A.B. asks: 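Consider the structure of Interleukin-13 with lebrikizumab bound.
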Amino acid sequence: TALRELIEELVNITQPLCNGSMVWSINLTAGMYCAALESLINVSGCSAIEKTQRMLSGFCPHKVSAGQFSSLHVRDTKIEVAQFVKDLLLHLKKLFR
Amino acid sequence: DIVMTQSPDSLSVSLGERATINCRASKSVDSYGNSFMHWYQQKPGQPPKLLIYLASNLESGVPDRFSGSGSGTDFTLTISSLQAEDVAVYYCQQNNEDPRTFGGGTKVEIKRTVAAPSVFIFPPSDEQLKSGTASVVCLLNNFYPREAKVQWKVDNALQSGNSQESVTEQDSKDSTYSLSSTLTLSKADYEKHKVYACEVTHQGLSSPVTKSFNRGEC
Amino acid sequence: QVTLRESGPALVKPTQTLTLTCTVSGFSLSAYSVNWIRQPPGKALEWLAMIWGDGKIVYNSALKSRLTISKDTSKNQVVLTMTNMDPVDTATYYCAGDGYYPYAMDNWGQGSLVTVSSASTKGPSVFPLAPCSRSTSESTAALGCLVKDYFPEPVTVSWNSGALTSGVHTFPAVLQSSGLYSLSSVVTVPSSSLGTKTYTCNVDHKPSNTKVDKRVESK
């Protein structure tokens with residue numbers, strides 16, 4: 001349901017994305033919807049990712065603020081939002097199976 | 001098109017007392033279990049300032065006496081102990097669905113002890129008189145409550161239709177109001193009379209206060 | 001250190017087009033969303049339009065046919081145009097930037113007051129407000145400036161070039177039956193300072209480019 005919709009949205013948006021805006025690479029493990037949400041929350045002025053952020057906020061209802069981290073521990077590799085969505089898309093389709 | 005409706009339109013609360021404001025949306029402002037509604041504070045002559053986002057999150061730097069609550073259609077903004085500096089108009093706003101919309105606002109005022117006005121009268125300046133007009137100004141300073149009556153008298157004749165009043169918003173420090181009343185006459189009417197008086201009636205005054213001057217100095 | 005600053009005409013003729021410019025500094029418009037909001041004097045905020053950093057444009061529904069928002073990333077400005085201006089459109093127009101997700105409007109400009117009228121700009125005459133006399137027993141004294149017969153709003157009034165703010169009351173302007181505004185600004189000071197400390201009101205009427213400094217004293 002919401003998980004298919006989240007995958008649908010990520011494919012829907014990868015058909016550039018947040019041009020000039022880099023996000024942190026996410027360690028995709030134990031239902032890390034919070035880690036994905038923490039990585040994207042630092043993107044400013046991008047209408048294209050709003051739905052994904054709201055959808056992710058549905059799965060992770062905890063307080064998540066821009067700049068402040070709790071879920072994220074692996075802060076080293078910085079990527080394009082397109083690359084991040086493609087990395088999130090690989091993990092999300094693995095959980096769906 | 002989400003319509004935001006606030007209640008009450010205005011409210012008056014004592015210093016250090018709890019203040020509560022309500023907001024109602026025409027459609028749900030919820031998406032995936034989160035409320036896309038925000039609260040703003042607007043002080044007189046300034047732009048709005050964000051206080052609360054996502055219905056209950058405090059904006060960084062905002063005092064902790066402010067809080068927000070609610071879901072779907074009904075929301076609340078609460079000030080735990082109203083401060084003199086909290087006088088303002090508060091607005092709710094949604095971004096769940098385009099277009100973004102604001103509520104109509106709620107004015108918050110402080111209820112304080114009665115304070116009589118200090119009254120001053122100012123004659124027209126010689127420079128203004130040269131141009132053919134005379135403005136006579138009466139100032140009622142730092143009073144509470146806002147209600148006050150100013151009666152202009154020229155040689156004891158009660159004036160009407162020739163004065164205009166303007167009032168400040170409640171002071172952010174002492175919670176009082178100030179008011180000016182301007183009596184405007186042509187230079188010809190001004191020079192035909194002697195005594196210019198402003199009589200003030202207020203809850204803080206047990207008897208009306210008159211400030212006056214005589215044209216051509218007295 | 002993000003700042004927003006609106007610029008545009010103080011006065012637009014009825015039926016003519018209003019063009020407002022919002023200059024953004026400290027954030028690239030390629031990743032910063034800018035909103036336009038207006039506020040008629042004494043009335044509610046009304047959201048008008050927005051342009052996201054990535055280009056998405058949204059308009060108020062009732063005013064949609066009259067509004068055009070656009071941007072130029074080079075000059076870092078967002079432009080709003082509103083056609084067929086009416087006296088009911090007289091308001092302070094604000095531009096405001098979105099914060100991060102959930103995208104509330106966390107950064108506002110000071111706002112630009114736009115008046116829609118066929119009347120001409122007229123600079124004020126500034127007169128002193130000084131009592132005819134004071135009582136030998138009064139602790140507090142009042143002084144002021146009467147800023148008369150100007151158009152359109154606003155006028156700015158400061159005291160002692162902004163150094164004096166305590167006890168200053170600048171009243172809301174009143175529209176006279178002539179169609180011109182009048183405003184009074186007063187200050188109350190302890191009586192022990194007169195003749196010693198100077199009190200000067202600094203009046204600025206940006207629409208007519210009128211700037212006056214007047215030292216106020218009793219005759």
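To find a chain, count down the sequence lines: A is the first, B the second, and so on, and within it residues start at 1.
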A.B. asks: Across the whole structure, where does one find lebrikizumab?
C.D. replies: chains B and C
A.B. asks: Which residues on chain A come into contact with lebrikizumab (chains B and C) within 4.5 Å, judged by heavy atoms?
C.D. replies: A:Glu5, A:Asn19, A:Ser21, A:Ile41, A:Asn42, A:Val43, A:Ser44, A:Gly45, A:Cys46, A:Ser47, A:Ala48, A:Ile49, A:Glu50, A:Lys51, A:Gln53, A:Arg54, A:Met55, A:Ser57, A:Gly58, A:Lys63, A:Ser65, A:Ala66
A.B. asks: Extract the paratope of lebrikizumab (chains B and C) for chain A at a heavy-atom threshold of 4.5 Å.
C.D. replies: B:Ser31, B:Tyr32, B:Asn34, B:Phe36, B:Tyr53, B:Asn57, B:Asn95, B:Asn96, C:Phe27, C:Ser30, C:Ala31, C:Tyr32, C:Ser33, C:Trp52, C:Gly53, C:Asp54, C:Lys56, C:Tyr100, C:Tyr101, C:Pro102, C:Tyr103
A.B. asks: What source organism does the PDB entry list for chain A?
C.D. replies: Homo sapiens
A.B. asks: In the PDB file, under what molecule name do you find chain C?
C.D. replies: Lebrikizumab heavy chain
